[PDB]
Amino acid sequence: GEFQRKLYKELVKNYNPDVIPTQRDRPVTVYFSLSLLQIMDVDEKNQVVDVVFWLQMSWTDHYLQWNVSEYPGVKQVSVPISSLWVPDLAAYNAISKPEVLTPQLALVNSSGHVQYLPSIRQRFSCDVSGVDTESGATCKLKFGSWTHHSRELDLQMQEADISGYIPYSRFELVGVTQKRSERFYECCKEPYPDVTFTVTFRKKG
Amino acid sequence: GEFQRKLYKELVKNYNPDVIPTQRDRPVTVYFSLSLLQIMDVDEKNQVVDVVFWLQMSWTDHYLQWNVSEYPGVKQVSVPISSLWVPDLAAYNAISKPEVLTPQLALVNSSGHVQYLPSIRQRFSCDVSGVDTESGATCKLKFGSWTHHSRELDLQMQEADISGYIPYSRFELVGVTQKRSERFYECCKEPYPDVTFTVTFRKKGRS
Amino acid sequence: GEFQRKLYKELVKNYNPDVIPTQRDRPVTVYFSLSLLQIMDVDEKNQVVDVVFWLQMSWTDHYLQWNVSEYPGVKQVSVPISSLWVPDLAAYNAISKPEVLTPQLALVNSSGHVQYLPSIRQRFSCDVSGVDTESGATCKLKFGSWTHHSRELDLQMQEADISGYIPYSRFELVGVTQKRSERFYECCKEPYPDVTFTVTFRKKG
Amino acid sequence: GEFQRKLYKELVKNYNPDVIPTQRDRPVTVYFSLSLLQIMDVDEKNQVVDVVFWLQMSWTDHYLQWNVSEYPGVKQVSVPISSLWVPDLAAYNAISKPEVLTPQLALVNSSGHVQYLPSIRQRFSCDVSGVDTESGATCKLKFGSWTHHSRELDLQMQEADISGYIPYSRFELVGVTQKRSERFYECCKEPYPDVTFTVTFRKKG
Amino acid sequence: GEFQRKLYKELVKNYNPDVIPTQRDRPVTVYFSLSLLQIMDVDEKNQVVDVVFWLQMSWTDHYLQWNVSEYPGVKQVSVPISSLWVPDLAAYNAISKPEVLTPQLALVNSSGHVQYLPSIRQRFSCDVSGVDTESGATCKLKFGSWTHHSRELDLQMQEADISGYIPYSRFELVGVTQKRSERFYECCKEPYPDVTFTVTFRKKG
Ligand SMILES: CN1[C@@H](CC(=O)c2ccccc2)CCC[C@H]1C[C@H](O)c1ccccc1
Ligand SMILES: CN1[C@@H](CC(=O)c2ccccc2)CCC[C@H]1C[C@H](O)c1ccccc1
Ligand SMILES: CN1[C@@H](CC(=O)c2ccccc2)CCC[C@H]1C[C@H](O)c1ccccc1
Ligand SMILES: CN1[C@@H](CC(=O)c2ccccc2)CCC[C@H]1C[C@H](O)c1ccccc1
Ligand SMILES: CN1[C@@H](CC(=O)c2ccccc2)CCC[C@H]1C[C@H](O)c1ccccc1
Ligand SMILES: O=C(NCCCO)c1cc(Br)c(Br)[nH]1
Ligand SMILES: O=C(NCCCO)c1cc(Br)c(Br)[nH]1
Ligand SMILES: O=C(NCCCO)c1cc(Br)c(Br)[nH]1
Ligand SMILES: O=C(NCCCO)c1cc(Br)c(Br)[nH]1
Ligand SMILES: O=C(NCCCO)c1cc(Br)c(Br)[nH]1
């Protein structure tokens, strides 16, 4: 679209994706949620889980807003994530780099709401010893900004989803939990939030 | 080519590959087809299919058209996909990133008709438990735009081809189905069209 | 050289590697030949060959020619392949991306005749069932331009031999064939030339 | 911040990441600590350890300092490591390239103090023969600047915490040591500082 | 370094890394040596060696020299290899791409002497059948410029070090040889020199 074209030239003009879009004394609040789609495998020897997650991440980038009157038809845009600031979310218990399965694009509202919803396959460190028991194995997968404290990036949880879980596969879900936390670290003087996704699973039969 | 050199400079001038080439209240209709070339392997433990396919994809980019009078000989061009807008097609049941086996180039017509025909090797999540049975295993491989709804990107099926299927290999094809749908998500108004490629296969030696 | 440095500045000035260097109603004729250096492995289950090839591709780019009088010493130069137009040759039966083992450089004449001679390791789909037989297994490895027809890119064979073949290794060569063909597709009024490298091999003893 | 863009624009237009930020006859002192998070696996045949480390690297880069008057709110910034000079630390006994698990960003103070804290998964050459013994296997993992001598880059150790060690897993820690040294090479006559991380571990039971 | 920053600006000014730094009809002499650090594994089926080498490559790039009077403190600089011309050395018997383990930097003197000393892990084609014998298996690993002949790049060998060989590991060294040769090819008027590293090893008792 010619109205869409005219906007991308502006949404680029003075945009630096390395800059966290904080506004005078206010953190960027980032909404976060993980959905376990499939437990691919477990390594009982090496103590690891091979898992496929759907991530729901949303925030506001004030540098990404536009007047819908200036660009009529343009309600939303699909922007490549490389073109924009994305939260520096770390998987604290990941033992492999993330494999992003879905197109690396984000949707952007006229008010600057960024929605990045990737499917990630990753391997995590976990005590899988009790996978063959009724109690099952429990993985506490922790995620959070690696470099931004609470006053810069406010991590918040959003409504989760266990409808996406693959019905076939050796593993059945005993329980799933998501909890947001905040702690002070001896290092920093400033606090840091995190979201912990907790899974309890077991081998079927 | 000489006019070809002059055209590539212009076909770049004001082109943004991140912009969907929709024209005033009309979606971009993308034609899509998938041809199963070979089922590489199955993981009965992990419930996965390793598959090779030929993707037939095409659309009209109204920003890519040119006057053949301005560029005589130039009927078509081989453009790298990275230089142009391509549909953001997601493999909904993929459990590995796609491995593109062919050159990453697209053929473009004087009227903006782009044809991207890659060979992809990818691993998908599938219930392969019945692979050793006469009924066989069935994989419902779903594909569609990740960010564009039906009124921005109109996914359409084109006539598919099962002549490309490798005659050797452990697996024989019981049946192949192609269906286009429009799914509504709780998230949003406006539906999301998808093409589901359904395969029924079985081990040749299952006796 | 101080002419070589100036030559590279000019050989870049108005050069687009995305443009096929066809000149007025004439296709670019590309000379091609494969030499099987080693059959690494066979997967009898998955029906695949892991092979190491030496490719000899050579063509003439008219935009790359220069006056030797303008650049005295400069007879030839080593240009990175990424800097120049290379034929879009596809391995039709490849089931893995090519692993290029040699430096990614091509040699270029004062008349613009380019020579690209890489060693590639690639995995191909092949009926390897008869590898343990006296008749042996036969692989018909097809190669050709993915996007250019006969009137744009004229694929031509160069006679290759089998002197490069590794003498050790489980596999002995029963026969090697190379044939150039021209195929028509329902799509296109103009045909697509290809070179098929055919191997017949068997496990030793 | 509005000044964050100002900051990133100038600390891009004038900063050369290739330049070691030494200031006149004074080396850059780099603080270094390694924390063993998990021993993933051991290869008794090939004599290798697959390990997950948390690295703590800090130094002062004088080219990255600013007064707060220059960038009002701006106290710190998350800069991509590719934008900065980072110590050229080599893992002398690594037999695989490092897999960096965390976002590749570093924190910079207004007084030029850089903090790079990556989680790395890497495979190292080690004599793992005694892993099944009470004495256990000992890995002497050596790290240091590959190209900078003592008078350019002053490697210094910091206090390492073994609090991060994964409680589950086949391997228990008998002992962990860190020693900084300065070696002489026949090449140079200026010494090369290094930190050797020594682990003694054994299979549980 | 204030002068260092001033030096990197000039060392960039008109530098093209694609250009071999030959001076008016004189070849660039490159010093080369290889040091076997460890034989990782052998594949008796596929006929391959997995090896870790330390490479010592040195050459003089006349475009890289500077007056030490113009830049006081600056005796040497660590430049990323990507920023400068490096010899296009091919591993003629490599069946995998090289895995470079060490930082990809080279040291450069005030007189243009470049020293690139990487640790490479690579897999080579080799007749490993006799690895379990007293005679042992012999690998003739050939290396040389892929595109430059004797009059452009003069390959020379330097001091061979076997002190770096890992004492643990299944394999003991029977013998190591390095020889430089000047091969003539039917293709070309000018000879192509090469260095062949020959190893004889065997499985320990
Ligand atoms: C990085 N770290 C905080 C800062 C910080 O620790 C730190 C900062 C500066 C100096 C020393 C330590 C910032 C937010 C994430 C948090 C992560 C957690 O600590 C951690 C460290 C090591 C492995 C796993 C997890
Ligand atoms: C991505 N999603 C739709 C939008 C949306 O979900 C959504 C949008 C905005 C907010 C929250 C959720 C767009 C069309 C595709 C669909 C995909 C499906 O989720 C999905 C998730 C995981 C595996 C397979 C498929
Ligand atoms: C890509 N295709 C031709 C063009 C074309 O078909 C086509 C063009 C335009 C529209 C529809 C179809 C050009 C020459 C190569 C050929 C490729 C071969 O089919 C093929 C595809 C997949 C695996 C093996 C072989
Ligand atoms: C690279 N070397 C020193 C430099 C140097 O030797 C050297 C420098 C210049 C010329 C010749 C040799 C500097 C600091 C690292 C040290 C490491 C060791 O060599 C080495 C090489 C390969 C594997 C393990 C260890
Ligand atoms: C590449 N080749 C020479 C050039 C040349 O032969 C050649 C040149 C032009 C046309 C045909 C052949 C240059 C120096 C190295 C030599 C390498 C060897 O061929 C070779 C090829 C494949 C695997 C291992 C070795
Ligand atoms: O690994 C993750 N982030 C680190 C960056 C590595 O390039 C990550 C974040 C989330 Br949410 C997942 Br699941 N993985
Ligand atoms: O995986 C696919 N797209 C996502 C790319 C991001 O990693 C994909 C699309 C189609 Br059609 C296939 Br087959 N795979
Ligand atoms: O795979 C090949 N070419 C296309 C690009 C793949 O990503 C290829 C061509 C030849 Br000749 C060989 Br051998 N492989
Ligand atoms: O593989 C080598 N060079 C080719 C470049 C990558 O495609 C190589 C050179 C040396 Br010395 C070794 Br050891 N490997
Ligand atoms: O491998 C490491 N550095 C060099 C990479 C160049 O390719 C490395 C450094 C440290 Br500290 C660890 Br743990 N690994």
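Every chain is numbered from 1 and lettered A, B, ... according to where its sequence line falls, protein lines coming before strand lines. Atoms considered below: every heavy atom in the structure, side chains included; atoms not considered: hydrogens, waters and symmetry mates. We count ligands from 1, going down the list as the structure has it; atoms in each ligand are counted the same way.
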Participant: Drug name at ligand 3?
Facilitator: lobeline
Participant: Look up in the PDB entry the name of the chain with the most contacts to lobeline (ligand 3).
Facilitator: acetylcholine-binding protein, neuronal acetylcholine receptor subunit alpha-7
Participant: So, with a 4.0 Å heavy-atom cut-off, what else is touching lobeline (ligand 3)? Just the chain letters, please.
Facilitator: B, C
Participant: Okay, heavy atoms under 4.0 Å: who's in the binding site of lobeline (ligand 3)?
Facilitator: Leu37(B), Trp54(B), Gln56(B), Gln115(B), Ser119(B), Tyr92(C), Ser145(C), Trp146(C), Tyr185(C), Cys187(C), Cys188(C), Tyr192(C)
Participant: Within the structure shown, which other ligands or ions come closer than 4.0 Å to lobeline (ligand 3)?
Facilitator: none
Participant: How does the entry refer to chain B?
Facilitator: acetylcholine-binding protein, neuronal acetylcholine receptor subunit alpha-7
